[PDB]
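Structure, nirmatrelvir (bound form) included.
Chains get letters A, B, ... in whatever order the sequence lines come in. Residues 1-306, in that order, are what chain A shows, numbered as in the PDB entry. Note that chain B is numbered according to the PDB entry, with residues 1-306 shown in order. If you check the header, you will see the structure was determined by X-ray crystallography, 1.8 Å. Start at 1 and go down the list; that is how both ligands and their atoms are numbered. Excluded from the calculations below are hydrogen atoms, water molecules and symmetry mates; all remaining heavy atoms, backbone and side chain alike, are included.
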Number of protein chains: 2
Amino acid sequence: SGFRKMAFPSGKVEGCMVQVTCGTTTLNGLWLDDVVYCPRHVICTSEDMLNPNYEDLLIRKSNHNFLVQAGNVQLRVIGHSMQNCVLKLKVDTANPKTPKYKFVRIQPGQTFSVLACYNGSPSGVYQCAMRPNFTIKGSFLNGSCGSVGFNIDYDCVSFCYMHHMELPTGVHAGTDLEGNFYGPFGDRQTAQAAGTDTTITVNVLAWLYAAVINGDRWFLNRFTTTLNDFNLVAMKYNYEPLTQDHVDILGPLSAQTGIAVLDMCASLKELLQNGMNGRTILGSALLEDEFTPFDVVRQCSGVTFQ
Amino acid sequence: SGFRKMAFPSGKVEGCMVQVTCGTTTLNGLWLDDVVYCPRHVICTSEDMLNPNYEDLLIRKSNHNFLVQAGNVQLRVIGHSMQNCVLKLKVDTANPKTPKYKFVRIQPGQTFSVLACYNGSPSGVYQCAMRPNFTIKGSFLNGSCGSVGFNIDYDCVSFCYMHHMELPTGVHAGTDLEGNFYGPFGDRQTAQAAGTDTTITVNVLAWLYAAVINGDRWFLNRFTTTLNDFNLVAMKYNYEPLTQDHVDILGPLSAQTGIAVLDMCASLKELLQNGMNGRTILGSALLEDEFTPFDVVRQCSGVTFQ
Ligand SMILES: *C(=N)[C@H](C[C@@H]1CCNC1=O)NC(=O)[C@@H]1[C@@H]2[C@H](CN1C(=O)[C@@H](NC(=O)C(F)(F)F)C(C)(C)C)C2(C)C
Ligand SMILES: *C(=N)[C@H](C[C@@H]1CCNC1=O)NC(=O)[C@@H]1[C@@H]2[C@H](CN1C(=O)[C@@H](NC(=O)C(F)(F)F)C(C)(C)C)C2(C)C
C-alpha cells in the first residue's frame, strides 16, 4: 500500500550524461553511440541571447571549439551539425553504456522522469507531466539545460524531453530529441508566456482509482452521469474534456475496482462542485493530475524494468 | 526556479540489487563486495509468520538453499549468517559495480531515497522522510522487502534503510543495514501499530525558505517570536519542538534570504493558527515537512553527485 510520485530508475540515463563546453558556456549533453545531443544555445555568449542567429554563429565554430567530457574523460568531437534547436556532436568514441533507446514525442497529459543535471553530473530525479499548455512544472537552475526527460519500458529508454528554458511563473519548456520545441516557444530571450493551463481530467480519475485501491473511498457517491453532462462541469472548472478513448484507457482500473468510469465521473463532479471540505485523498488536499492510468497500474502492480 | 520532491539518482544502487529466493519466498538483496544483505524472513514459509523463531529456521538452511541472482546470473552462496533482522549471504563473486558506500543509522526527521524493487529489479525511486514515529510513508507491495533507502554525498552512497513490513494505515517499517529496526517494531505478523506521528517543524521552516527563494512570499508577516513562545504553539498543533540546533542548521537559508529563523517562526505560527485560506505555498495546500534544510539548499543550488 501507499502511493507516491514515483520516478523511473535513472541509472540507464546517468551513463549517458556528459558536459558540453563551448567557450564560456557549459551545459549538459546526452551521449548515445557516437553522438552527443545538446541544446544549441551552448554556442551563445551572454552577449547576444535576445535573438541569436544560431545558423550563423555555428558556421564560425569548428569541432575543436566543443569540449565534451564524460566524467574526467575528454571525448574528441569529429563532427557537428544542427537539427532544429539541438546540436549533434559526433565523437570519436561510442558510449559503451548506451542503453536500448528510442526518441519519442510525447503527448500532453503523459508523464516522464527528469534527471536534473549540472556540468554533466546528476543532481536528482523527479516525475513530471507534459501539461496541456506544453510546459512542465520542473525544478531547474542555470546550467541545467540538456537535462533530459524519459520513460522506461522493460529495457528500452524512450527519451522524450531535453530542457532549454524557463518561462514566467517558473514553468519550463524544452524540445524533443529532434530539437523541436513542445509548445509555441523558441530558444530566444524574448517575451514568451505559457498559454492558460488546464487540468488533465483522465489523470485525476486515474488517481481517484489509485485512492480506491489503497482504501481511501470516502468520496465515492451513489450516482452516475453521462459523458456529455460530466464534460459540461469539467469545462467550467478548467478541466480538459474526457473522451471515449480516455474512458477506454481507464478500463483496467475500472475493471479492477468494479467502479464504472462514469460512476467515478459522478464522484469527481461532486468534488469539483463541493470541494473536499478539509479532507484529503491519498494524503493530498488538492486533486492530483500528474499520474496517468499506466502510472497507477505500474505502481500498484509492481512493474519493474530490466 | 521550481521546487520538486526530488530523489537521488539511483544508478549506483541499481547496480547492487539482486534477487534472493529461499524455497518459495523471493525478495530483494543488496550486493556489496562479496556479501548479499537481505531480510531474514526470506527463510519463512507462508505457514508460520505470526511468530517465527528465525534462529531455529536458519540452522536448518544450508548455503545451497539460497538462490541468489544478479540479473540472469546466479551467484553461488558460500556462507551465511544472521545479524539482527538481516541475513548476510557470502557469495563467490564480488560485485564489480560496488560503489563507495557506508551504512548509516538516520535520525527521525532526515530524508532519503527509496529504490523500490521486485524480484531484484527496480520499479521506481522516490524520496521519503524517517518520521518521528520511526515509520516512512512509502509505496510498497508484496515482494518489495529488501528494497533499500539511501543518501548520496559526492561519490559515497550511505545506505540507511532496508524495507521489511507494512503497518496499519499503510505506513512502512524497516531496519538499518545492520538489521536493527527503526522504531519499536519487529519482523513478525502480530498486532503492531505506529505511535502517533508529529510534524517535523525544522523541515517545514526549510520549505518555507524554499518558497521565499522561489518568490512565493505572501505568508511572511512583520512579526517575530521567541523560541519558547513559538514552541508552545507548535506543541498544540502536534509539531515537534524547535531546538537551538535546528535554528543553527537553518542558518544558511536564513542568511541567504535575510529572514531570521524566529521571524519565519512568527510566520509559521500565523499559518498554524489561521490556516492558508485556500492559498498554496510552492503549489501545495498543506505545509510540507519532508524537505530538510540540506535538501532545500541542495536543490536550490544544484548540488551534484560524482
Ligand atoms: C539552461 N541551462 C537555462 C535554464 C533556465 C535557466 C534558469 N532556470 C532554467 O530552466 N536556459 C536559459 O537560460 C534560457 C536560454 C536563453 C535564456 N533562457 C531562459 O530560460 C530565459 N527565459 C526566457 O527567455 C523566457 F521567458 F522566454 F522563457 C530566462 C529569463 C533566463 C529564464 C535561451 C537561449 C532561451
Ligand atoms: C516484504 N516483501 C513485505 C512487504 C509488505 C508487504 C505489503 N506491503 C509491504 O510493505 N513484508 C511482509 O509481508 C511482512 C513480513 C511478515 C508479514 N509482513 C507485513 O508487512 C504485515 N504487516 C504486519 O504484520 C504489521 F501490521 F505488524 F506491520 C502485513 C499485514 C502482511 C502487511 C513479516 C516477517 C513482518
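The chain sharing the greatest contact count with nirmatrelvir (bound form, ligand 2) is, according to the PDB entry, 3C-like proteinase nsp5.
Under a 4.0 Å heavy-atom cut-off, the other chains found next to nirmatrelvir (bound form, ligand 2) are B.
The residues of other chains having a heavy atom under 4.0 Å from nirmatrelvir (bound form, ligand 2) are listed as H41(B), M49(B), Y54(B), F140(B), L141(B), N142(B), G143(B), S144(B), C145(B), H163(B), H164(B), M165(B), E166(B), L167(B), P168(B), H172(B), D187(B), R188(B), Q189(B), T190(B), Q192(B).
Listed by atom number, the atoms of nirmatrelvir (bound form, ligand 2) under 4.0 Å from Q192(B) heavy atoms are 27 (F). Looking from atom 18 (N) of nirmatrelvir (bound form, ligand 2) to the surrounding protein, the closest heavy atom is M165(B) CB, 4.2 Å.
With respect to covalent bonding, the partner of nirmatrelvir (bound form, ligand 2) is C145(B) SG.
The shortest N or O to N or O distance between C145(B) and nirmatrelvir (bound form, ligand 2) is under 3.5 Å. In this structure, atom 10 (O) of nirmatrelvir (bound form, ligand 2) has protein heavy atoms in its sub-4.0 angstrom surroundings. Using UniProt active-site annotations for chain B, the residue nearest to nirmatrelvir (bound form, ligand 2) and its heavy-atom distance (rounded to 1 Å) are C145(B), 2 Å. Those atoms of nirmatrelvir (bound form, ligand 2) that come under 4.0 Å of a heavy atom in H163(B), given as number and element, are 4 (C), 9 (C), 10 (O).
Near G143(B), meaning under 4.0 Å from any of its heavy atoms, are these atoms of nirmatrelvir (bound form, ligand 2): 2 (N). Polar contact with nirmatrelvir (bound form, ligand 2): present for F140(B) (N/O pair, distance under 3.5 Å).
By number and name, no other ligands or ions lie nearer than 4.0 Å to nirmatrelvir (bound form, ligand 2). Taking every non-hydrogen atom of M49(B) and a distance limit under 4.0 Å, the qualifying atoms of nirmatrelvir (bound form, ligand 2) come out as 34 (C).
Near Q189(B), with a cut-off below 4.0 Å to any heavy atom, the atoms of nirmatrelvir (bound form, ligand 2) are 17 (C), 24 (O). The region of chain B touching nirmatrelvir (bound form, ligand 2) is mostly the UniProt domain Peptidase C30. The ligand atoms of nirmatrelvir (bound form, ligand 2) that sit less than 4.0 angstrom from a heavy atom of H172(B) are 10 (O).
Interface atoms of nirmatrelvir (bound form, ligand 2) facing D187(B), defined by a heavy-atom separation under 4.0 Å, are 34 (C), 35 (C). Residue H164(B) has at least one N or O atom closer than 3.5 Å to an N or O atom of nirmatrelvir (bound form, ligand 2). Less than 4.0 angstrom separates some heavy atom of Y54(B) from each of these atoms of nirmatrelvir (bound form, ligand 2): 34 (C). At a distance under 4.0 Å, a protein heavy atom can be found next to atom 7 (C) of nirmatrelvir (bound form, ligand 2).
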